[PDB]
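Drug on board: levcromakalim.
The PDB entry numbering applies to chain A: residues 250-327, 341-612, 665-728, 744-912, 975-1018, 1028-1545, in that order. All heavy atoms count here, side chains included; hydrogens, waters and symmetry mates do not. Start at 1 and go down the list; that is how both ligands and their atoms are numbered. Per the header of the entry, the method used was electron microscopy, 3.1 Å.
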Amino acid sequence: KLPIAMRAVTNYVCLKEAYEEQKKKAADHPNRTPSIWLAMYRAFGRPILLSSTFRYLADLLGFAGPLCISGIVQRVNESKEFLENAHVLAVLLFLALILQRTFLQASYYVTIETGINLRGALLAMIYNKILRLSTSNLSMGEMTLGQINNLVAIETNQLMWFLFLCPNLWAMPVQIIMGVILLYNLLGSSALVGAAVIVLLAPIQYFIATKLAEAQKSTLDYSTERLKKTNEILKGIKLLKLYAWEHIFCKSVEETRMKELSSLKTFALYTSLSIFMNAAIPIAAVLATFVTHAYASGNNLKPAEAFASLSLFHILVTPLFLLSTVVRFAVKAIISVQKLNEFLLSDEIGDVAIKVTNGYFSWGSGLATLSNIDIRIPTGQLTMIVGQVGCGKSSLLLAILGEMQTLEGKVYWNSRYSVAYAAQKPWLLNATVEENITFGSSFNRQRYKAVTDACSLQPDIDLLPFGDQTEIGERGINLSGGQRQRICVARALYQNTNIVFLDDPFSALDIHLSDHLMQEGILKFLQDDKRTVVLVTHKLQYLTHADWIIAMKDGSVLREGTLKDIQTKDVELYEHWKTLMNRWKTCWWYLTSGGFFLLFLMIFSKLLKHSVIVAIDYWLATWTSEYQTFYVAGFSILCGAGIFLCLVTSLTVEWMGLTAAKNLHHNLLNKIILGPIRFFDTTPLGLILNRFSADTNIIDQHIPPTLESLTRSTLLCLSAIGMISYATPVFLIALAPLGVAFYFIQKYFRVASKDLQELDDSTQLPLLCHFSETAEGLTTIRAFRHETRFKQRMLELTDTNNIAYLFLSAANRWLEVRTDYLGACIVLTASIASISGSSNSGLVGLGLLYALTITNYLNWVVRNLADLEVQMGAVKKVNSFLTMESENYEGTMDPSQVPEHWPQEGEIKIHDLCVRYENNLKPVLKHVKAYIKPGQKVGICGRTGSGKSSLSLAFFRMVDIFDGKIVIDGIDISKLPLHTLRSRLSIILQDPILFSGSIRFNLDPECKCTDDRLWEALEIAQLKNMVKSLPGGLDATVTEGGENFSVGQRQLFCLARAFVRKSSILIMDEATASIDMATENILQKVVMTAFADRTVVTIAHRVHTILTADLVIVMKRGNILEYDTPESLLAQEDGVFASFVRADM
Ligand SMILES: CC(C)CCC[C@@H](C)[C@H]1CC[C@H]2[C@@H]3CC=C4C[C@@H](OC(=O)CCC(=O)O)CC[C@]4(C)[C@H]3CC[C@]12C
Ligand SMILES: Nc1ncnc2c1ncn2[C@@H]1O[C@H](COP(=O)(O)OP(=O)(O)OP(=O)(O)O)[C@@H](O)[C@H]1O
Ligand SMILES: Nc1ncnc2c1ncn2[C@@H]1O[C@H](COP(=O)(O)OP(=O)(O)O)[C@@H](O)[C@H]1O
Ligand SMILES: CC1(C)Oc2ccc(C#N)cc2[C@@H](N2CCCC2=O)[C@@H]1O
Ligand SMILES: [Mg+2]
Ligand SMILES: [Mg+2]
């Protein structure tokens, strides 16, 4: 499989020991952080020393070119002592070249091996950190799941790619210095003038690296923010599309994209300037050197010395080809490792089954949310926790589990035992249903059947494509909320632990499913195993079954004991409870996106640049062919034109890249956000967010540099071929076999590369997904204490990905070795042809040194072409989304007919409405006919899967209608533009989607509302006091996903978000699912007293709420059964509504 040295386990252990030694060294000092760079050096240095040794030997052998060219030229110009023989020197040059290529490839192999080992070790380190970091980092905005995913995907790979190129940073300097030292021998003091111009690259490149570092840090910041906004959009597309807020968030994302593109333009300008200097300081150095020699040494250059010096200049230029690449990658890797080091230095976690005494706990801030927690959980009994929204129940659970730092008090666990946690926000991995329910336990069909029948999952799973073996979660078929929650509770029940913490498992479930889970699942199945159970529920009707009762108010336990104990001590609380219960082509498109003028300007400028650059060498050959003002003047004008064209060609390609990136991302976003909701339901969010993050990163930052390096290399190779063939017209014949050979090796490479490439992208996706599903749901993994198994799985997956990437790199090295030997053969053939069949004593030299150039740059041509193919793949992925269906916003009703206040009355008539989600699917709604008067209170009830939500989303045309007319105030909604319909009606969904920013930003993203109405709304939604007490008032922050607030408070914010709009029709779809009964009653009273004029349709979670409603509808499999007042339906014998009321009460 993977050799032991290359396993992620050993590399991780080595890097971890190095980093722990660094942490010791840091503990030695105050304000001296541990450094990843020294840890990595100490751990993985010896391989890098080996590769550096190979590189130095390669450079020393590369200096054989100058000597051999000098000898060959001198001999063409004019035993065993025949080593001067031209052919002998040519053969020695060929052998030196093959040996240099062997050493270079050995160095590359060692470096890539080390880079892959280090990538594995770093991913292991940050994965263990994920398993260690406290959730208060994500809850308070310290960081986000997206940032951690960015670490795993972009930043670690950026460090790895830099480490591939690392030996250059110290090898390129040396190779340059040696060159100067040799030039000085041939040319005397004149060569010191060129040495100064070359030395100036060090200050210049350091300055440019400073500027690039600043620009890259800014780009990374704005990329983080833009991806945050994009992810929040994609996750909440339903709410945005329902509120007509799509374009507002699109505009904000575009603003952040503009800032990111300004930072990218600074980075491109300074990258384009570094390329200009690396190219034009050699032109200037050649000028200075040879002009000075012309006017200092009276003796002219003999051809041998001239060509030796020119070859030394070529050997200097080769280092500077890759200097821009290495400075770019080093500047990116420095930022990357700053981010990694910030991540790895963060906050980390610190009878009677559980006994908490005098416990003050806080959510990683400094102010206590729980105080005076004196509780005990009796062993093997049912403990129920009851409290209004935001009273510390989930806080209490995650405190016992130790997930929030303790300020005072103790918890005793008569080290922690494995506790089965069913979190309030259910978490599902990307495995099958069976894997999520078993969750790392031996399959037992008897227990599995018992659990599945206690959670009523059987009818729901047999409706799935592959019953019980269908992939679930992100990247798989998306289950409804109730299905996901019941799968999570099934997971909790199936495990063989003794303590089961269930945090409100009945939020999404209806009355029948909830009662079934309570009777068969908790009271019967768990009490048979005699397992401790802690329930956090608002279902007060279940308090009769409770064995122990904890009551929580305002963060502190108000009273604790059996029901009778509470009745005897706190008569008030018991009476309150009783009252409440009432008892390719893509490449051409990328090039053309410039506009047919940037492309042709680029290509013509590059060709002219190389024409002049090669004319410089031809001119030097002709000039030194003597053994003057005219030659100096011609040389100067050629060099100046070369510098100018270098500047132009540098700018053009980067500008092309900028424009292409901007247009690609803009089209992608403005087409994704206009798609139908069916597209987002069907397509996994991963397949879209990856386009937005990884493919966008490639398009922005990876394609322009690869393309420019490819063009430079290919034109250097073509220039060398042209010069050689001109010097020796016979070489063209020799170009027939070799060229053909090229075409073959590449061919073979492809049929493997492609294959391996697919593998390397199919084995990386699991790994990344793991880092996701552990970053999310971390508290669950640490509640079951399955951290060891997840570490093992991460090591396995990273080993697999490393095997795949190692084979990919091995194929690349195969092709590179083959092309290097082909280039050595090209050099040999050109050398022989020039020695034997060239006219002048100067053309032999040009042919030889340009053959050397061919060998030097053909390798880069091949490598960069392969990389550019793999990246045009990503451009193809991004372009694929411009063929989406676009929701029809146009509308047909003339805007003149639509009044200025269209829902002015709020009377809805639904005539023969039949709704389906996709064509050739079951009609969820069947010939429903409804008539709600203006200013009428309508309550719709039914069992899960009865089309309540379909009937709700019908008004906003998020479900495709087969037949039926929905007339709101005399207008068929089918004619209106989508926005005038979706903006003038307000709907409160069941899932509390919440965006990052202030409270204001979540209540009115347009900022078109005064603070007074925001306070009115937050008063109706019962959140006025909590916001008044919050640090920043209405400007208080809301971290991504609303994690810093309770679930109930998230829902109440979602209710205020609807109350602000103040439209005439309010569709409340199970809005009080997570709200407790105490808050829910007062909230309903206030909403009825405030919206008494408007028309509200309430799809109710409990029938008690819709008892005081003007009209009641009961749905059953898409059919309205009873249509009358609640009194009539109650008085009907054996009626459905009457049965609902008994169960709910
Ligand atoms: C000119 C000849 C003799 C050698 C060609 C390369 C070298 C000049 C070396 C010596 C100094 C090196 C540069 C000096 C330091 C930096 C900055 C470094 O990034 C940072 O320093 C962080 C940014 C910051 O300081 O805020 C990235 C590598 C780089 C460009 C180095 C790249 C390789 C350089 C140019
Ligand atoms: N992840 C979190 N990070 C920081 N503060 C939090 C977090 N969750 C809740 N809080 C704060 O803790 C207080 C208690 O909320 P908690 O999380 O215990 O809700 P809960 O009572 O379990 O929820 P509900 O009963 O509505 O389902 C709230 O004021 C909230 O501000
Ligand atoms: N996103 C969806 N795409 C296709 N069909 C769905 C989707 N959601 C629900 N359904 C189907 O429509 C029917 C009614 O679902 P729904 O309207 O969600 O019921 P409820 O009113 O209880 O929410 C169900 O039988 C279900 O199979
Ligand atoms: C004028 C010369 C000495 O200086 C430069 C400057 C920039 C670049 C580039 N890229 C290349 C070169 C030399 N060439 C031209 C073809 C191969 C090579 O090394 C030039 O012969
Ligand atoms: Mg809760
Ligand atoms: Mg529903």
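- Within this structure, levcromakalim can be identified as ligand 4.
- In the deposited model, the macromolecule with the most close contacts to levcromakalim is named by UniProt as ATP-binding cassette sub-family C member 9.
- For levcromakalim, the residues with heavy atoms nearer than 4.0 Å are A541, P544, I545, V548, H576, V579, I1004, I1007, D1008, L1116, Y1250, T1253.
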